[PDB]
Number of protein chains: 2
Amino acid sequence: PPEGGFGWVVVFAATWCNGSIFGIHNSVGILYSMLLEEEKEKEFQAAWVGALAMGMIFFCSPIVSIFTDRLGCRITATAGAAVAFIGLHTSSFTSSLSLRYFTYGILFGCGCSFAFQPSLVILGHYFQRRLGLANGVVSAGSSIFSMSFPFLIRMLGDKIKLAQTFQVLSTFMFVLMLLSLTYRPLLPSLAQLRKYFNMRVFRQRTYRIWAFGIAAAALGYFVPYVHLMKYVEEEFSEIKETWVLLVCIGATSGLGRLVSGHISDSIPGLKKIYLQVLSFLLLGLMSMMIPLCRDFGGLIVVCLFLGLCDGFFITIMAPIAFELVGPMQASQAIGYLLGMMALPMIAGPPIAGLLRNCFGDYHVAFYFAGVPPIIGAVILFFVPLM
Amino acid sequence: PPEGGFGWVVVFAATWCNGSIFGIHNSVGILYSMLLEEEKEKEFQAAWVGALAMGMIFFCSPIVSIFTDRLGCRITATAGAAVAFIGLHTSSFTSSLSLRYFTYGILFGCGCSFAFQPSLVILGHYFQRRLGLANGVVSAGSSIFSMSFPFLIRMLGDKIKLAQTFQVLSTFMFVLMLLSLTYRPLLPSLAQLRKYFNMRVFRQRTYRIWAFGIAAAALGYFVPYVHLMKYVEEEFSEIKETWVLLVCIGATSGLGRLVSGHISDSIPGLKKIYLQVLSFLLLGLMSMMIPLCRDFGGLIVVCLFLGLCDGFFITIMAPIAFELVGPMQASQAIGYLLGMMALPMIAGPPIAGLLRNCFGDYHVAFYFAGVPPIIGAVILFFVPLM
Ligand SMILES: CCCCCCCCCCCCCCCCCC(=O)OC[C@H](COP(=O)([O-])OCC[N+](C)(C)C)OC(=O)CCCCCCCCCCCCCCCCC
Ligand SMILES: N[C@@H](Cc1cc(I)c(Oc2ccc(O)c(I)c2)c(I)c1)C(=O)O
Ligand SMILES: N[C@@H](Cc1cc(I)c(Oc2ccc(O)c(I)c2)c(I)c1)C(=O)O
C-alpha cells in the first residue's frame, strides 16, 4: 500500500463520485418543481421516484459487490458511470411521465450504486493504514460538492429549462466516468448462485452484530433533516430565511467528517467501533432534544451537534468494515451492509410522516427518529466485547 | 497476429469510428440549413467551418502519430473520442456564431483525427496478413453507416431542433469512445522536438515517392462528388429526383471497397501499388468523360465507375503503407501521409469552383479534377520499379 502518492489521485476521483451522485439526487426535488412549471401550458409522484433512486442504489449493492469482486473496481465503476450517463441523457430526451420515471430511477440509481461502491473499495485498496484520513477527506469533499450542487442547478433551471439541466448533469456523469477510469488495481483479484452469493462474510458473528446494529441505527437517519426543515418552515415561523440551520449543519458535518477521519486512524483495532457508539447515542439525544426549545438559540446548537455526529458516523463507517473483515472481503462487507441499510433508510421518513399525520405533532416523529440510534448504540457497544 | 478472432471485434469498433466521424461531417451542411431556420425569428460561413473540420482532421495527424507511437492506440483513441464528445456537447449548449465555429471545428476535428488514426493502426496491429480484408470490411461498413446518417439526421432536424441533434451526435461520439476502449495493444511500444519529430519514415525513398504520388492524386478527389451534384442540379435538369447517381455511387463504392480489400490480400508485395495505379488512371478518365454525355444514360455508368474506383483506392491505401514501412513504423507513415493529403484535399474543390466561376462552365473544372489522378498514377507506376 503506497499510503498516499497516487492514492491521493484516486481520492480525488472518489470525491468526484459521492459529490456528483448525491448532489444530483439532493437536487431531485428542484427538478420536479421545474417539471411542474412544464406540467402546465398544455399527482404525488415526486417523492416516489426521488426515494426510488436512492433505494435502488442501496438495494443493488449486495450485487455490485459480486461484480467488483470478480471483475474489479475499475470495470464496475466505469460501467456504472456509463449507465448513469445514459440514464441522464435519455431523461433529457424523453418528454413523458412513466418513461422519465423508469429512466431516472432505474438507470441512474443502478449506475450510481455501481460507480459508488468501488470508490470505497479502491480507497481501501490503496491506503489500508491511513484509510481513516482518506475516508475523512473524501467525505468532506463530497459534502462540500453536494451542497454546492443545488445552487448552480437552481440557477440554470431558472435560466432556461429542464432538458439543458439534464444535459449538464450528464456531462458531470461523463467526467465522473473519466475519473473513475483511474481505479488501478493494487490487490489480487444451479451451483452458480452458490458461488456468486457465497455470503462468506456473514460468518464471523462480530460482523453480523455490527451490521445488525448499523441497520437498526439507520432507521432514524433521514428524518431529522427533511422533517426538521419542514417543521421549522411550518412551526417556528417569523424567523428570517431559516438558512442558519442548513449552513451550520453542513459546515459542522464537513468538519466532523474530517476530524473523525483523522482521529479514527489512531485507535488500534475494534475499539474504533466505540467512536460509532458514542456518536450514535449523541444522535438519538440530539433528536429527542430538538423540539424542547422555544427559541432558535437552542436550535442552532442542536443542529450543530446533529451535523457533527452525522459526519462522525458517516466517515467512520467504512474503515471499521475494512478492519473487521480485512481487505480481501471488504467489498462484500460494504455491499451487504449497504443493502441491509437500504430498507430502514427508506422506511424511516415515511414512518415519521405517518406518525406526524396520525398525531398532528412532530414530537413523536422526532422521538421515534432518536430511539433507533440509541438501540444501535447499545448493540454496537456490545459488539467489541467479543 | 491472431489473423481474426478478437481482431474482428476491433474491426467493429474501427467501423463505428469512420462511420460516425465521416457521417457527422457529411451532414454538416444540413445542420447549417437548420441554423438558417434559427437565424431568423430575431454570411457565407458554412463552407469555411465544414472544410475546417476535415482539414483539421488531416492537419493534426502528423501529431496524433507522435502520440499513438508513444502513448498507444487505446489512449489516443479514447482521448480523441472524449474531445469530440465535449465539442458536440458544447456546440449543443452555446447559442452563438463564433463560439460555435471554434467548438465544432477545433474540438470535433481534433478529436476525430485522434480517434481515427489509431483505428487504422490497430487494424494493422491485429491482422497483419489479412489486413486487406479487414480494411475492406471496415471501409464498406463505414460507407454504409455514413450514407445512413443523413437520413436520420434530417428527420430529427425536421422533428424538433438543432440542440437535440447535437445531443444525439454527442451520444454517438460517446458510444464511439466506449468501443474505442477495446484497442488492446498487441505489439511492442531543444532535442525533444528532434525525438518527437524524428521523421525516420521519410527515408526509404520508395515511401517518399509513394507519398508524393498519393498527395498529388488527392488534389482531384473531392471535386467530382460535390461539384457533380451541383452540376447535375444546375445543368441536366428536367430529370426525376436525380437520386440514381448518389445511390449507385454509394452502392458501387461499398462493393468496390469490399472487393479491393479481398483481392489486395493476394498480391505478394509492392505489386499492390499497381492496384492503385490502375484505379488512379480510371479515376482521371472517369472525370474527363463526365461532361461528354448528353443523356443520363452515360452518367449512370460513369458514376458507377467513379464509385468503384473511389472504393478501390480508399480501401487499398493503408495495407500498402503497412507493407511498405512495416508494422512498427506504420503509424507514422499513415499519419504523415494523411497530413500531406490534407492540403490538396481542401485545395481541390476551391480551385474547381474558381475555374467554373472564371469560365462559367464545369468542363474545365472536371478536366482539372481528372488530370491530377493521372499524374499520381504515373508517379505511383514509377514507384515499384525500385
Ligand atoms: C475541454 C476539453 C477537455 C478534454 C477532456 C480530457 C481528454 C483527455 C482525457 C481522455 C481520457 C484519458 C485516456 C483514457 C485511457 C483509457 C485506457 C485505460 O486506462 O485502460 C482502460 C481500461 C483498463 O485497461 P488496462 O490497460 O489498464 O488493463 C490492465 C491490464 N493490463 C495491465 C494487462 C494492460 O479498460 C477497462 O477495463 C474499462 C472497461 C469499462 C467498460 C465500460 C462499458 C460498460 C457499458 C455498459 C452499457 C452502457 C449502455 C447502457 C444500455 C442502455 C440501454 C437503454
Ligand atoms: N447524508 C448522506 C446520506 C447517506 C448516509 C449513509 I449511513 C450512507 O451509507 C453509507 C455512507 C458512508 C459509508 O462509508 C457507507 I460503507 C455507507 C449513504 I451511501 C448516504 C448523503 O446524502 O450524502
Ligand atoms: N470519401 C471519404 C473521404 C476521404 C478520402 C480519403 I483518400 C481519406 O484519406 C484516407 C482514407 C483511407 C485511408 O486508409 C487513409 I491511410 C487515408 C479520408 I480520412 C477521407 C469519406 O468522406 O468517407
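Every chain is numbered from 1, with letters handed out A, B, ... down the list of sequences. Just follow the structure's listing: the first ligand is 1, and inside any ligand the first atom is 1. Only heavy atoms go into these numbers, but all of them, side chains included; no hydrogens, no water, no symmetry mates. The header says electron microscopy, 3.1 Å.
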Inset, instruction - Provide the name in the PDB entry for the chain that contacts ligand 2 most. - result: Monocarboxylate transporter 8
Inset, instruction - Choose one of metenolone, cyclothiazide, liothyronine, rofecoxib for the molecule at ligand 2. - result: liothyronine
Legend entry - Contact chains, liothyronine (ligand 2), heavy atoms < 4.0 Å: A
Inset, instruction - Please list, by UniProt number from the N terminus, the transmembrane segments of chain A that put a heavy atom under 4.0 Å from liothyronine (ligand 2). - result: 1, 2, 4, 7, 10, 11
Inset, instruction - Report all residues and nucleotides of other chains within 4.0 Å of liothyronine (ligand 2) (non-hydrogen atoms). - result: A:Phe22, A:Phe58, A:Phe116, A:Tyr221, A:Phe222, A:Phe313, A:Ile314, A:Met317, A:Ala318, A:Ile334, A:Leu338, A:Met341, A:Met345
